[PDB]
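In this PDB entry you will find FG-2216.
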Amino acid sequence: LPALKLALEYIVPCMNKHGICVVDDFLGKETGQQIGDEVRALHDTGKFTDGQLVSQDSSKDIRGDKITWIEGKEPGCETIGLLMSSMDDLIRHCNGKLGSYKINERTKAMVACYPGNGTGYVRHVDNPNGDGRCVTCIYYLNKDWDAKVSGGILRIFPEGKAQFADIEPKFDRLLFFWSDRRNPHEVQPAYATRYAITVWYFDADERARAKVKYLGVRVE
Ligand SMILES: O=C(O)CNC(=O)c1nc(Cl)c2ccccc2c1O
Ligand SMILES: [Mn+2]
């Protein structure tokens, strides 16, 4: 599907209505599997961190999600860069229709690997203090994921709503949601290796004034 039809007929109305939007089969099996291959290659060659220290004898320490930051131009990351370009194309075609936000900037990609040792990620808000991030975009890479046996569901707790939104981390699934306090969320314990790629998109105004908050030119 062209970035434009998805954006205009699904992503814009869904984000303005629900603030949580899922696109399945975003890039297709061939491209999705190549991205999976690149991510697994990064993992197998030690490009990830050792993992979030979950509990602290140091040999018995439990570590959780591993991460690596990817620009998309690195050797062996070109298909990740293609994913990032595709995300950018969608956001570009949503211009002026997501909230009243103006998006002209993003982060690098954060590739995350939950190692499958029963660790997850605690309930949190991505941007609770106004750092400029307005949309969280996550792409999942896990073929034939069965949450009934592997866990790893993303559970979102939409504000003002007495309800859960449970999202399985399915292969070739793209997810968008508002990054601020509207969408507290958690990753339930994962019992199999679980990969995802996240990009955050900035609202230009919030980012500009965030620079005032968290602050140079020489004076002679
Ligand atoms: O992977 C998922 O479905 C959802 N993950 C997250 O919400 C998530 N959020 C943050 Cl802020 C971090 C932050 C650092 C490392 C991993 C994260 C993560 O997986
Ligand atoms: Mn998060």
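Nothing fancy with the numbering, it's 1 onward along the sequence. Excluded from the calculations below are hydrogen atoms, water molecules and symmetry mates; all remaining heavy atoms, backbone and side chain alike, are included. For ligands, and for the atoms within them, numbers begin at 1 and follow the listed sequence.
In this structure, the ligands or chains belonging to FG-2216 are ligand 1. Most heavy-atom contacts to FG-2216 (ligand 1): the chain UniProt names Egl nine homolog 1. Using 4.0 Å as the cut-off, the other ligands and ions found near FG-2216 (ligand 1) are ligand 2 (manganese (II) ion). Among protein heavy atoms, the minimum distance from atom 18 (C) of FG-2216 (ligand 1) is reached at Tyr114 OH, 3.5 Å. The model tethers FG-2216 (ligand 1) to no chain through a covalent bond. Heavy-atom proximity to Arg194, at under 4.0 Å, picks out these atoms of FG-2216 (ligand 1): 1 (O), 2 (C), 3 (O). Counting only non-hydrogen atoms, the option in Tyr195, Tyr140, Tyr121 that gets closest to atom 17 (C) of FG-2216 (ligand 1) is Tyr121. Close to FG-2216 (ligand 1): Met110, with a non-hydrogen atom less than 4.0 angstrom away. Source organism (PDB entry) for chain A: Homo sapiens. Remark: FG-2216 (ligand 1) atoms within the under-4.0 Å shell around heavy atoms of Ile67 are 15 (C). Atoms of FG-2216 (ligand 1) found under 4.0 Å from any heavy atom of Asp126, numbered from 1 in the order shown, are 9 (N), 11 (Cl). Looking at UniProt's 2-oxoglutarate binders in chain A, a heavy atom closer than 4.0 Å to FG-2216 (ligand 1) shows up in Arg194. Of all UniProt domains in chain A, the one holding most residues touching FG-2216 (ligand 1) is Fe2OG dioxygenase.
Atoms of FG-2216 (ligand 1) lying under 4.0 Å from any heavy atom of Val187, numbered from 1 in the order shown and given with element: 1 (O), 2 (C), 3 (O), 4 (C), 5 (N).
Among the UniProt-annotated Fe cation-binding residues of chain A, those with a heavy atom closer than 4.0 Å to FG-2216 (ligand 1) are the following: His124, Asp126, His185.
Less than 4.0 angstrom separates some heavy atom of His185 from each of these atoms of FG-2216 (ligand 1): 7 (O). The atoms of FG-2216 (ligand 1) that sit less than 4.0 Å from any heavy atom of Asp65 are 15 (C), 16 (C).
The protein heavy-atom contact nearest to atom 10 (C) of FG-2216 (ligand 1) is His124 NE2, 3.7 Å. Binding site of FG-2216 (ligand 1) at 4.0 Å, heavy atoms: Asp65, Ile67, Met110, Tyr114, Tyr121, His124, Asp126, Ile138, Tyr140, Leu154, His185, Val187, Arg194.
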